[PDB]
Every structure is written in structure tokens, then in C-alpha cells.
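Looking at a structure with CB3717 today.
Below, chains carry the letters A, B, ... as their sequence lines are ordered, and counting in each starts from 1. All ligand and atom numbering here is 1-based and tracks the order in the structure.
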There are 2 protein chains.
Amino acid sequence: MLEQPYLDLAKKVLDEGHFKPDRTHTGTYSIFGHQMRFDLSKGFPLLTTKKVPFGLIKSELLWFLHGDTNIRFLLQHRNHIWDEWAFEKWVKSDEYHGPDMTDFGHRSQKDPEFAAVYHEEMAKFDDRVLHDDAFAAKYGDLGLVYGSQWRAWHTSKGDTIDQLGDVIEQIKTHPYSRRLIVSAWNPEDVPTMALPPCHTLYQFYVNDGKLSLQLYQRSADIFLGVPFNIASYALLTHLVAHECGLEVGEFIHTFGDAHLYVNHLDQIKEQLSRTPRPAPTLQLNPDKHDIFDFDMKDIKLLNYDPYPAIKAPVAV
Amino acid sequence: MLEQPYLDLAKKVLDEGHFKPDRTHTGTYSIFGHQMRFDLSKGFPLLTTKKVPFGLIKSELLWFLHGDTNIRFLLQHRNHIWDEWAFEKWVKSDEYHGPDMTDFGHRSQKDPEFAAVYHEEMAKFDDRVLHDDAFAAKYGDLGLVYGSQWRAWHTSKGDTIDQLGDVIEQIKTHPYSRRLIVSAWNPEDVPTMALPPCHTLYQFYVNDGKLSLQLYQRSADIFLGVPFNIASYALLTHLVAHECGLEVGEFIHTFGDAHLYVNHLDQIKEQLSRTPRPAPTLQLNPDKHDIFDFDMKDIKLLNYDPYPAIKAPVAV
Ligand SMILES: C#CCN(Cc1ccc2[nH]c(N)nc(=O)c2c1)c1ccc(C(=O)N[C@@H](CCC(=O)O)C(=O)O)cc1
Ligand SMILES: C#CCN(Cc1ccc2[nH]c(N)nc(=O)c2c1)c1ccc(C(=O)N[C@@H](CCC(=O)O)C(=O)O)cc1
Ligand SMILES: O=c1ccn(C2C[C@H](O)[C@@H](COP(=O)(O)O)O2)c(=O)[nH]1
Ligand SMILES: O=c1ccn(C2C[C@H](O)[C@@H](COP(=O)(O)O)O2)c(=O)[nH]1
């Protein structure tokens, strides 16, 4: 059924992945090299075997599409996928006051009592970013995320290349190039990088009315990472295709290091004893059009009938 | 037998490729998305069904590995894979004298009589680049090729990032990152680009002594392009692996637009009536070591037993 590529991967890892020590200690079973496909005219790859939140991944996506770096947008649409970072930018400066922030989430899922001091420290700052403007302006900014990457690349003669923008106009302009590419890997930077872009590069291809997209992703967490990345890039594609007036073909995903966390071997097994239910569908607001002004109500998802959800340890 | 991935692709295109007009008019049958693998401990992917020249692709590779852009190196090791470009840089300036260069190779494979005026114009300049220094210095330079891309990325505060260099030291330093990446797509540039890097990105992965490499290539010519690209990236890998003291696992190739030229449908068929002979082998000079000073005699290839070769029209 559409999402079966992930199960064939989830299996295949558990099954022939090597034990690698990751950037922490956490065991990972790994595959290097895999490509996987989904025919978006037949449906949406939200996994129906583990409920995934659409509201969460759409808000983040649009905030990417808005060239926005500031962690505030998200806070307005109670999304918290990017906070932990701004906190290190915050706890590290000369203004941080009070406590032992000195690790916060790395001793949350097991700790101390951290969740009353890390999460109160955290809510106080998340609450601050949402109201104090000079504050927002200060720590909530994050810098180089995919929004700045995609919509305003930094150039060698001080400007800003809206790489994406230009690639959607390149589609209208002529269907055919092997050059409809939006990179997010900037070699200059990855010295001073927080989280390097995982979903390192992509490419679009028009072909007789079906748009398609290929994503090269340096690494995958096949439990928490991959369910949300397969969807983000499918919403982008439905959104990029409706802007330059096309219809939608497939989505193709290519990973460098797909790996599943040694913490998560139990929990995948749990999904693998499930048996898929049909794919959800997606209404794309048909009067609205310059996709950078898609507002959240313009992407209403229909028919999402998921299984219950599984409990992960944090990917450290 | 090792090279069978290409035949399964060559077939598969002829067989389910769409007719696309390319950047010229030339018909192409296309596949978008494919990944293909070769276990370099079992041999070398020089096609034994169409003789491919190793001498040619090694010289070019080392000149890449030397951060060299100047078309001269090549001329010394009678390689001509990059001349046509320097000629447009040459014919376009205020110094070009004499003739109708006004298209040269685009009316060579069918023309005029071009091959006496284009090829004499061309040999006169190829001969000039090899001796006139201020000349070499002038038109033979080419600029942004993979050598400048890989060994000296241009930075926003006027310097030079030896991206590759740093990635081979990252291997010695620690086997494991999902961050052993050398991009060659610089969004700033591809306005003013001659030929954008086709083999857009790659990534290495150590895993218990086998190094491996994954190449994302925006487009492929599955007749002339692909035979030489599968090898270039396998020599790099044998060369990158012997430098940071590893052994060699697989090579994985991922293409955006693989396509085979409509001119070449006859000629692939010809290869497909052949039946492979075992894979060649490769001696990597075992006293020599900082791979940027690999000289050509240090990569002696052993056992190359090819079929005869097929005749292509130029990929325009
Ligand atoms: C997403 C995104 C971008 N990001 C950034 C980000 C940065 C480094 C990473 N590192 C690793 N190894 N894997 C990741 O998933 C990851 C994600 C995320 C941020 C937070 C969450 C998160 O807290 N939510 C989990 C929920 C699972 C659970 O706790 O029950 C999620 O899957 O969303 C996920 C992704
Ligand atoms: C290689 C490389 C980099 N390059 C640069 C380069 C630039 C644009 C391109 N455009 C397209 N569509 N395909 C290409 O192979 C190609 C190659 C090359 C330059 C010259 C030759 C060439 O003249 N030699 C062919 C020989 C086939 C024949 O004529 O019999 C070859 O395959 O080498 C090939 C590649
Ligand atoms: O939404 C996301 C964000 C991150 N990652 C990953 C995969 C790797 O485990 C790590 C990024 O690579 P490293 O930094 O460990 O090299 O975080 C994902 O899978 N999905
Ligand atoms: O060694 C090389 C160099 C170039 N190309 C290609 C593939 C495409 O046909 C074209 C580059 O893409 P476009 O410029 O047509 O988009 O040249 C290869 O296959 N191999």
C-alpha cells in the first residue's frame, strides 16, 4: 500500500544493519544507500501504522517556505520541533540566569528531576520568544535552517540567493532541466553548524505533467525522523506542483545513512505487526496560489485513519 | 558480473524511458531516480562490453585531485575531455582571430567541412595553451570545474575551503559521520555556469574497514557519460580509501535524470548483445601515499579484456 517502502526499510535495517556507534554512543543499525518511492496521485505517505501529526509538519514546512528562521512562528502554532537549539544559544550567552542547564534534554528522558527545571527554564524562554521582541530577535533566531538555506542563500558579495524561488519559476519557464536543484549544503558553514541540513539536496523533474522530487538525505532515524521526513517532502511537492500548475507524479527518497536506533528495535517491531489501512488524501486550496502565502487552513488533509502511536526514546 | 547494474539500466531505459526534449532537441528516454552498486573488493567496473580508456579518466581524475583548473595538465597527458569549453572562452574574446568559429563542434559530427577549420583552430589553441604561458594563464584556465570545486571552495570572506582535503582527514579522525560530504553545487554560480557539476554531490561512509561512496548525479548520458563516470568515482574511492588506510567496500551511484540519447538507441543494443568477461583489477602503488601526489604510473590497471568499442554521435 503506498507506505510499504518504509516497512521494507524498517525491516531491512533490523535485519541487515550493522552496529555503528553514532555521534553519541547509541547503537545504530545501518544501511548506506537506499532509494524509495511513493505515487502521490494514489494518496499521501502518512503512515497509517503509527499516527504521525500532520498539523505539526505542515506548520514547520510553511515556516520553511516563508524564509523564516525565528523560532517564534512555530510557538504561535504550538510546534516545538525546533526549540532545544535556541535554548543552547540562550543558555550559552552572557544573559542566561539561574540553573544547571548544563545538558537539559540529555538528562531529561532519563535524568535527574530535569523536566521541572529544564522544562520550566524552557517554557520561560519559549514564552519570552513569543512576547519579547528584542528577545525573539536575539535567541529565537536560529540562523541557518532550511528557511534561510532555501529562500536566501548567502552570497560571496554580501547578498541573498532565493534558490527555491528561482527553481519554481524555472519550472513554469521550461519543464525540462536537469537543474531544478535546491541545495542546502554550504561547505563554508559546517564548521560552525548546529545540525547540518539532514535532507541535504533535492531535485525536481517535470515529466509530462507529473512533477516528482528526489531528496538526498545524508542520514535518517528510521523511527522518528523518517515518518516525518517522507511527509514533509511530499507536502512540498504537492505545494510546489500546484504553484507551477502541474499534477503530481512520485516522490523518491535517497538516503546516505539510514539507520535505526538501537533504543528503537522494540518499537519498530511493534509497527511491523501492524497491517496498513488505505492512504489519507490532501485538499489543496484551489483559489490560493503563490505557495509562499499558503496559510495553514489551505492544506486540509482528508481521511487519516491511523493506528495508535509508539513511544520513542529521544534521538539524543 | 560487477558491471551488470549498467546493463540493467541501459535496458530499463530503452525499455521505459520517456521521450524528453533535452537542452538541444535531441530525444532522450528518461528515468528519474535510480541507484546502482558495485563491490569493488570483487573487481573494477570498467565495462568489458565496450572498451573504455582508463588512461584518459585517470589523468583527468588526478588533475581534479590536484585542484588544477587549467586545461594544460591534460594536454600534457593527451587528454582532451575538457577543450571545447576553453575554446568558447577563447573564440568569444577580443583576441580570437580568423574564422567562423561560430558553433564549431555543433557542426562537426555533421557540418560543413568544419573539422579542417574547427579542428585546426582548435589544435592551434591547444598547442598555444601547452606553450604560451600568459596564454595558458588566460583562456586555458576554465575556472569552476570540479578541481576548484572540491579542493578550494570559494568563501564569502574571500578565501578557499579545501572541502575534499578536510573530508579525507575527517575519515582518519573518526570513521563514523554522516557528514563526509563534498558538494560541488554552489547556488551562487549556476547563473554564469558553463556545465554545472553533473556529479553534484557525494558522500563517504566507513564501515568496519570498507569505505563506500554515494554519488548523486543530476543527469547521466547512458551511453558515453555513464561508462566513464562509474569508473572515475571508483578510482577516487580506491584512492581515497588507500589514503586514510582503509579497505574497499562498494560504490553506489544515484542519478537524477538518467537518460539515453535518441541518437544512441542502436548502439546500446549493440552492447546488449554482448556478454560480459570478468572484471579488471587495479594496482595501487603501495609505497606512495598522500593521494594528491599520485602520479599516473601509480595507478596501473591489470587484466582489462574488453570487447571492441561502439561509435557514438557527440552528446551535443
Ligand atoms: C522533526 C523535525 C526536526 N527536528 C530537529 C532534529 C535535530 C537532530 C536530530 N538528531 C537525530 N538523530 N534525529 C532527529 O530526529 C533529529 C531531529 C526535530 C526536533 C524535535 C523532534 C521531536 O522532539 N519530536 C519527535 C517525537 C517523538 C516522541 O518524542 O514521541 C518527532 O518525531 O517529531 C523531532 C525532530
Ligand atoms: C568525460 C568527461 C567530461 N566531459 C564534459 C561534458 C560536458 C557536457 C556533456 N553533455 C552531455 N550531454 N553529456 C556529456 O558526456 C557531456 C560531457 C566530456 C568531454 C568530452 C567528451 C568526449 O569528447 N569524449 C567521449 C567519447 C565518445 C566518442 O566520441 O566516441 C567520452 O565518452 O569520453 C566526454 C566527456
Ligand atoms: O528531521 C530529521 C532531523 C535529523 N535526522 C537525523 C539523522 C541522523 O541520526 C542525525 C543527523 O546526522 P548526524 O548529525 O548524526 O551526522 O539526525 C533525521 O533523521 N530527521
Ligand atoms: O561526464 C559527464 C558530463 C555530463 N553529462 C551530462 C548528462 C546530461 O545529459 C548533461 C548535463 O545536464 P544538462 O546540462 O543537460 O542539464 O550532460 C554526463 O552524463 N557525464
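Lab note - all copies counted, CB3717 located at ligands 1 and 2. Here, the main chain in contact with CB3717 (ligand 1) is recorded in UniProt as Thymidylate synthase. With a cut-off of 4.0 Å on heavy atoms, the other chains touching CB3717 (ligand 1) are A.
A:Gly225 CA, 4.2 Å is the protein heavy atom nearest to atom 15 (O) of CB3717 (ligand 1). Nearest to CB3717 (ligand 1) among UniProt active-site residues of chain A (least heavy-atom distance, to 1 Å) is A:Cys198, 6 Å. Among all protein heavy atoms, the one lying closest to atom 7 (C) of CB3717 (ligand 1) is A:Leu195 CD2, 3.6 Å. Not a single protein heavy atom sits closer than 4.0 Å to atom 23 (O) of CB3717 (ligand 1). Residue, atom and distance of the protein heavy atom nearest to atom 10 (N) of CB3717 (ligand 1) are A:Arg23 NH1, 3.6 Å.
UniProt lists residues of chain A as binding dUMP; of these, a heavy atom within 4.0 Å of CB3717 (ligand 1) is found for A:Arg23, A:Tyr261. Counting protein heavy atoms under 4.0 angstrom from atom 2 (C) of CB3717 (ligand 1) gives one or more. The nearest protein heavy atom to atom 28 (C) of CB3717 (ligand 1) is not closer than 4.0 Å. Remark: atom 18 (C) of CB3717 (ligand 1) lies closer than 4.0 Å to at least one protein heavy atom. Using 4.0 Å as the threshold, A:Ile81 has a heavy atom nearer than that to some atom of CB3717 (ligand 1). If you check which protein heavy atom lies closest to atom 25 (C) of CB3717 (ligand 1), you get A:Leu224 CD2, 4.2 Å.
Of all the heavy atoms of A:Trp85, the ones lying under 4.0 Å from any atom of CB3717 (ligand 1) belong exclusively to the side chain. What sits closest to atom 14 (C) of CB3717 (ligand 1) on the protein, heavy atoms only, is A:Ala315 CB, 4.2 Å. Remark: atom 31 (C) of CB3717 (ligand 1) lies closer than 4.0 Å to at least one protein heavy atom. The part of A:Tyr261 lying near CB3717 (ligand 1) is the side chain, judged by heavy-atom distances below 4.0 Å. Heavy atoms of A:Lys311 stay at 4.0 angstrom or farther from CB3717 (ligand 1). Not one N or O of A:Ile57 is nearer than 3.5 Å to an N or O of CB3717 (ligand 1), by distance alone. The heavy-atom binding site of CB3717 (ligand 1) at 4.0 Å consists of A:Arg23, A:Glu60, A:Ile81, A:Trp82, A:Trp85, A:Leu195, A:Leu224, A:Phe228, A:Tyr261, A:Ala315.
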List CB3717 (ligand 1)'s nitrogen or oxygen atoms that come under 3.5 Å of a protein nitrogen or oxygen, with the partner atom and distance.
| residue | atom | partner | partner atom | Å |
| --- | --- | --- | --- | --- |
| CB3717 (ligand 1) | 12 (N) | A:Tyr261 | OH | 3.4 |
| CB3717 (ligand 1) | 12 (N) | A:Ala315 | O | 3.4 |
| CB3717 (ligand 1) | 32 (O) | A:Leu224 | O | 3.3 |

